[PDB]
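Chain A uses the PDB entry numbers throughout; the residues present, in order, are 386-672. First listed ligand is number 1; within each ligand, the first listed atom is number 1. Worth knowing before you read on, the calculation uses all heavy atoms, side chains too, and leaves out hydrogens, waters and symmetry mates.
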Amino acid sequence: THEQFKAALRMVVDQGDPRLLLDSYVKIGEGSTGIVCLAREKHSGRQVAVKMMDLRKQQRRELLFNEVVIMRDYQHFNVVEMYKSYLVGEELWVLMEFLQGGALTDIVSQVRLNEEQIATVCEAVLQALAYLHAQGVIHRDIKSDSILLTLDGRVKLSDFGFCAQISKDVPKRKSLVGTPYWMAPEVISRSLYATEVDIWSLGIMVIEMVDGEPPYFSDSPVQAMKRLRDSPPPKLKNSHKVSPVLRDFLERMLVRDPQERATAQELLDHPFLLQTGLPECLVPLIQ
Ligand SMILES: Cc1nc(Nc2n[nH]c3c2CN(C(=O)N[C@H](CN(C)C)c2ccccc2)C3(C)C)c2sccc2n1
């Protein structure tokens, strides 16, 4: 029942009503589970982003635990910070850092990144993934929308709602979870899978950074999923434009066999990442 689920969720959040510890609430966007408001912490004056999501209105309410548990448990230089979380009425509120550089999706819809910029983004995402994968966390929703930027070009992985924490008793999942165009073939097939699915989704995000959109984006989501499931691996449209070293980097991610697919640790050691830039190199994309 709703109250039973609410009581369980309550075990993982900070205690109390946060409404009087915040002011200046302004709605700044919406997302799949709810809204995001900017607000100000009275005690400190710190501006925070607050995700607000109704426990009754979700597709799969159990995934609300991920909104809190993952950032509670896991911290990293390239992972968004959570400050506090609360239950307010029938809503879960999660207080997060406000990243003012926006999402990578809003850059790639405008311009193509150069290779130094692609390597900078990939190195940051791979450091977060190597760390999360080592802890048994599968993200399951890697795509440019999940990548947020600070004003000085620091890259942070966000959107942990679809996460799976695997364990010794259930070391693999088989659920159909993700965003269609970025889902690995083994996820679409409902085969047992683990961390490798995030490497395939990162390869689709590299295609977004080179081409502007993922493969099959003119198809409906189900039709794209059928093509990803059955067809040979997708290619860059702009394959002619990229270095041999970048092409090799991407080829090692978009591999159908999940065992042969590169791990995050393997990719961190790839020569493509020898020419990663400084955070500053992304700042021209945000101004
Ligand atoms: C809304 C918004 N947020 C920005 N900065 C932020 N800083 N911190 C955060 C955001 C947006 N955030 C976020 O969770 N958004 C997702 C959507 N995905 C695609 C990223 C979402 C929102 C509501 C419900 C479910 C999911 C957090 C981490 C709070 C910025 S910067 C310029 C415009 C802008 N507009």
ask   = Which drug molecule is found at ligand 1 in this structure?
value = PF-3758309
message = So I'm looking at this entry - what's holding onto PF-3758309 (ligand 1) the most? Name it the way it appears in UniProt, please.
response = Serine/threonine-protein kinase PAK 6
task = List the residues forming the binding site of PF-3758309 (ligand 1), heavy atoms under 4.0 Å.
result = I413, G416, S417, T418, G419, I420, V421, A434, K436, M481, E482, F483, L484, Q485, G487, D530, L533, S543, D544
query = What residue and atom, counting heavy atoms only, is the protein's closest point to atom 33 (C) of PF-3758309 (ligand 1), and at what distance?
reply = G487 CA, 4.9 Å
request  = May I ask you to identify the nearest protein heavy atom to atom 27 (C) of PF-3758309 (ligand 1), giving residue, atom name and distance to one decimal place in Å?
outcome  = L533 CD1, 4.2 Å
query = Which UniProt active-site residue of chain A is nearest to PF-3758309 (ligand 1), and how far (heavy atoms, to 1 Å)?
reply = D526, 7 Å
task = Looking only at distances, please establish whether an N/O atom of PF-3758309 (ligand 1) is found under 3.5 Å from an N/O atom of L484.
result = yes
key: Distance from atom 16 (C) of PF-3758309 (ligand 1) to nearest protein heavy atom, with residue and atom   = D544 OD1, 3.4 Å
query = Can an N or O of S417 be found at a distance shorter than 3.5 Å from an N or O of PF-3758309 (ligand 1)?
reply = no
request  = Verify the contact flag for atom 22 (C) of PF-3758309 (ligand 1), where contact means a protein heavy atom under 4.0 Å away.
outcome  = yes
message = Could you tell me which residues in chain A that UniProt says bind ATP have heavy atoms under 4.0 Å from PF-3758309 (ligand 1)?
response = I413, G416, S417, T418, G419, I420, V421, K436
ask   = Nearest protein heavy atom to atom 25 (C) of PF-3758309 (ligand 1), by residue and atom, and its distance?
value = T418 OG1, 3.3 Å
key: Main UniProt domain of chain A at the interface with PF-3758309 (ligand 1)   = Protein kinase
